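Structure with aminocaproic acid present.
In this chain, residues are counted from 1 in sequence order. First listed ligand is number 1; within each ligand, the first listed atom is number 1.
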Amino acid sequence: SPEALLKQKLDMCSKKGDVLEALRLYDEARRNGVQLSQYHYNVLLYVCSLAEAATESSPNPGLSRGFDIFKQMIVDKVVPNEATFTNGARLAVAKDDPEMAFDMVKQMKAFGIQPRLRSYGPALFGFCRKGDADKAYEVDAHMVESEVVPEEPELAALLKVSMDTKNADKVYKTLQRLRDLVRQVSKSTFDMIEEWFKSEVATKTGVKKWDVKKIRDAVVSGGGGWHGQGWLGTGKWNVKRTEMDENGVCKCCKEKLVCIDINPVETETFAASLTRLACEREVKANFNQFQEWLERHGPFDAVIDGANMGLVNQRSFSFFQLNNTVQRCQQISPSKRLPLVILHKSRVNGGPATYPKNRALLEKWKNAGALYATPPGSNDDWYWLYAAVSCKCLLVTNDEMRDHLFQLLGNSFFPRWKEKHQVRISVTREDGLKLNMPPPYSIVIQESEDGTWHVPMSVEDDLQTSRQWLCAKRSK
Ligand SMILES: NCCCCCC(=O)O
Ligand SMILES: [Mn+2]
Ligand SMILES: [Mn+2]
Ligand SMILES: [Zn+2]
């Protein structure tokens, strides 16, 4: 078969590195009238993205023609898959021509193809490195119009280019976007925000007086913790690295941060999403069986990730640590409810249940309506997550919750829900086990009614490392 031969020939070069031969085969396929498929086109694109940018003369044919092949694939109405956007993008990144990267995205839109976030990157970042703010905002406007949602890298780029070109409006809007989409910022973004607030442009923006009533209503309207009506106050900013105490009180300025509400409608939307995603990966009957059991049980004040509580900081499963966590959760329940323990069926049988009194207690929890053993082969993370969300209660787990399953849940609602519901254990030599409860305020960029800002840095584990904030408040 002709296209099967081209597949095989293109699989070979390049797993060999041979761009020249891939390009020869490309032009040959056209002279023979063999129509290239999706698979062929992807291999071509990947292979061309192995070519390098000529630090000495005219661009290399592999990069130049790489774009031309991309252009052709779309013209041919050949559907792009995830490999296409990835290869298309590394092509764009290798070339490092923001204008050409932008053309690729304009072409996808032309032909009704949804561009991906990685498609926009080389265009956005290209312009940003060259200080071309206007071009950067064009790419941004295009990305927004395509309903592609930026992440922290894209926003930090936009923030930097806005700072570089003294655009206080665009700084404000980007900072709002960071609040809305990212919440807590990386070290480098944090440093950049700090620079902004200390800068001459920031000193010189603002208003001496404003419609206090309009700010009030914007606070209500936004959900709390910001107003979005623009820079307030005048003069130099006092900008300090600081911390919040356990009550959300800024140690620098004594402002008490807001606890921002979660709309219960969003929670019901998320619960439905969860069921949909779980039933796509679990045996549907196993997940449904849990849902039905949960409907006949409760109420619960807490759900325990049993495997994580048995295992976190242990060389092997500790029934002690699970049992101590169960008792501590029951003690803080106002009515002393046992928590719902989610445990693998594999973990109820064998050991920790090696010791008969432990076995008998696990069965006691099950008979009290407070243990569900997840079937062999199931991913029990769907089960304790769905239980806590559905029962509207505390979730006791030290699971990071940023491994693949959890990337599926998104970066808007889930991180806000987690902050309000997640209980983590910590253990010391001196005191034993401690429950670390959700904070009584929201750990997010906040903008006060008088225009004062508090910006949280993102950390690995805020129990391990004490979270730094920026306090930015006008001097007079
Ligand atoms: N610290 C956790 C090690 C193994 C964890 C098992 C789990 O989290 O589901
Ligand atoms: Mn788990
Ligand atoms: Mn896990
Ligand atoms: Zn403060």
Place of aminocaproic acid in the structure, all copies: ligand 1
Bound partner of aminocaproic acid, most contacts, as in UniProt: Proteinaceous RNase P 1, chloroplastic/mitochondrial
Aminocaproic acid N/O within reach of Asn308 N/O, cut-off under 3.5 Å: yes
Dominant UniProt domain of chain A around aminocaproic acid: prorp
Atoms in aminocaproic acid flagged as close to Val312, the criterion being non-hydrogen separation under 4.0 Å: 1 (N)
Option with minimal heavy-atom separation from atom 4 (C) of aminocaproic acid, where the choices are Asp403, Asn379, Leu311: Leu311
